[PDB]
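A look at one PDB structure holding caffeine.
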Number of protein chains: 2
Amino acid sequence: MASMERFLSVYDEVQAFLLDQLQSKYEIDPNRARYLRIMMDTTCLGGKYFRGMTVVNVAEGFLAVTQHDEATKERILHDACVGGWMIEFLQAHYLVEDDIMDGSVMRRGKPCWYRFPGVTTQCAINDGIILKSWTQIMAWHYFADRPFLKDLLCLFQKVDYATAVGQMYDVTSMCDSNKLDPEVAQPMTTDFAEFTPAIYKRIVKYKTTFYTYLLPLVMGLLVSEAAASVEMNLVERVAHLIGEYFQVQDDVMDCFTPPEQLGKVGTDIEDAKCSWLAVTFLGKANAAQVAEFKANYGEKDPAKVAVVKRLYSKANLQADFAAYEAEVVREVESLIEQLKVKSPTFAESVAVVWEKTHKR
Amino acid sequence: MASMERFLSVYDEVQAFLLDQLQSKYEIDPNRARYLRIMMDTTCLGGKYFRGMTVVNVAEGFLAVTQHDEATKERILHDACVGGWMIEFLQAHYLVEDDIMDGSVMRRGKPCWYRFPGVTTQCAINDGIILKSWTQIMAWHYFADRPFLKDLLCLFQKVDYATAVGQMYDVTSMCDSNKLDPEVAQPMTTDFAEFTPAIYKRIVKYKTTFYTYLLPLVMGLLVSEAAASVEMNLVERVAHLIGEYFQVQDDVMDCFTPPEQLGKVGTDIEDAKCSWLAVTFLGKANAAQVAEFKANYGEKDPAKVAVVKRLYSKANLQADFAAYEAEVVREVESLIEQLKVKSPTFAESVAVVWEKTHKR
Ligand SMILES: Cn1c(=O)c2c(ncn2C)n(C)c1=O
Ligand SMILES: Cn1c(=O)c2c(ncn2C)n(C)c1=O
């Protein structure tokens, strides 16, 4: 089948397995099963499935150059699809919880899950917990007999933990580190001294890159029994590089993409987030521009938000972005060349991942 | 050492390991490390450590009757302490998140974690996520070389999933099942037809008993390499029985124990929870009493809450509780007798667990 058709068919199988198990072993009743089916569909479906399909595409690459029985090819592709859905459900977990944490209104043009009338925060926090628990159920069920079960569970845990740490870095990025204290309400920074490239890079590395690029690439290697055939330090370096670029694109879109196309209203400015735009602006502003940014950033007032967007346009951050992009292109191509030494097939899969990222 | 002294010493070791790893591998800075240290202390310490100490006590029982080198005894006890802290951190996760979900005010006489001024819900949801992630970090680190790693991780996952399902059952227990729908705000039941013993038993089994009694008992067996030496169906039956009694005690205390001793104000009546008191009251009420309960249950109005408490006293639910307790005593003693067939040592550990529960 087309890879996407196989991936979506496996969703139906995994959902049926999870819901049937709830009936047979957890005494669930049909109405709560229906609630959870709708929750799964609403939180897990409707995106592009980039992360899950990366697992599939990596596995397909190795299948084309490795001798296998037909039944083994089918097993590997089925495993890649389940593993990809583990990542999609993990993402669903972090979007449900982050939308609650951030007080978000919309996502993908629909209300955030916790805002559905019959859900509410009381249920939605636990729904997000269940989403992540489902990732572990699918691994222990589908991969019970597999040689890579241990490495895959270990990786998944490390990536999940990194991502939770990243969320902490993200939501505290507008506070002075020396003022962080559970006992004291957290004031917004006034000097913005921690709005630097290195600190931004730290936030993004943990909050996004591990689960968006490192986990799908390595899971593809694991279900293919091909990890020995790559230099893991290069996989990490290229995942963190492409992942950062992905997030910079998202940062720019939050500010400048119309809500209709964006699927939501961006509020990074009002939320005083350490965005690529803010960091890059502060890296080239003169004193008067820095002062005007400070006087307006992180406030809900729409005229103050408009001031900040005006500063960004006046500062020609398009030029900085094109320079950033050119450098990422140089570095990603270099890492892909290095990947070819041990694994030309994996290098081409990484090239495909970059192309999809770059021309999005 | 006294078992408790060893258990608390291992907390310091585990905390140091987790925080040092955040420095060495996650680029954490000292102020965020301090925040997380306070979060850990505030959410994990201050209880009686009943669940974690059960692991230790089960392991101690087997040590007394099994030939081991001294270094192996120390290893087993250290493993039991780490495993016990995994359960204590798991509980900490579900208390942080449940307090947010339920809008709780106090716990153990202190503000709920999310209500600390420098925390807020935005941070506290993610802090609870981190608490559970820490359970997995400690398992993969401390038990990396152990034969029971796989079984322990598998058990932990199944117990965590059961508990999340239980929370869903708990927070939806005042809604008619046929009206559950994400699209429609959930009305409180008017007939209370789902306030039955069997439905109550289902809620409690999943929401509490798996992590409070089954997980500590089986983890004690696993770190002792002694699970083959017991009939697992009896361990499950006795865990679910003692766990239910534990929750019934908690239900009664929420209504009748003074806030000073309780550590909080109970709001089960206002929250329309399917409590043992409500179910038992409806199991003996006459028509006029049922009508008065319906007219007053699940409302914040303090005079309506007082009406409900008056109905409970007038109905002499003390008598039903003493009858319930007598039956649990009969059944637990019977299961302990059965446990002696294969494992007299484990049976005595279960007897200790019951005694601590019963005379609380
Ligand atoms: C409108 N607009 C953009 O659309 C944009 C941008 N930087 C990148 N993009 C895409 N800047 C600074 C901008 O003003
Ligand atoms: C005051 N009170 C109690 O203290 C109590 C109880 N049932 C059990 N207990 C302990 N009932 C019904 C009660 O009215």
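Chains are named by letter, beginning with A, in the same order as the sequence lines. The numbers used for chain A are those of the PDB entry, and the residues that appear cover 1-360, in sequence. Shown for chain B, in order and in the PDB entry numbering: 1-360. Below, each value reflects all heavy atoms present in this structure, side chains not excepted, and no hydrogens, waters or symmetry copies. Counting starts at 1 for both ligands and their atoms, following the listed order.
The main partner of caffeine (ligand 1) in this structure, judged by heavy-atom pairs under 4.5 Å and named as in the PDB entry, is Farnesyl diphosphate synthase.
Those other chains that come under 4.0 Å from caffeine (ligand 1), heavy atoms only, are A.
The proximity of A:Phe256 to caffeine (ligand 1), defined as any non-hydrogen pair under 4.0 Å, is limited to the side chain. Residue-ligand proximity, A:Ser313 to caffeine (ligand 1), at heavy-atom distances under 4.0 Å covers atoms 14 (O).
Remark: caffeine (ligand 1) atoms within the under-4.0 Å shell around heavy atoms of A:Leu317 are 12 (C).
Nearest residue to atom 10 (C) of caffeine (ligand 1) from A:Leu277, A:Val252, A:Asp251 is A:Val252 (criterion: closest heavy atom).
Residue A:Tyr312 has no N or O atom closer than 3.5 Å to an N or O atom of caffeine (ligand 1).
The residues lying within 4.0 Å of caffeine (ligand 1), counted on heavy atoms, are A:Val252, A:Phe256, A:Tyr312, A:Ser313, A:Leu317, A:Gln318.
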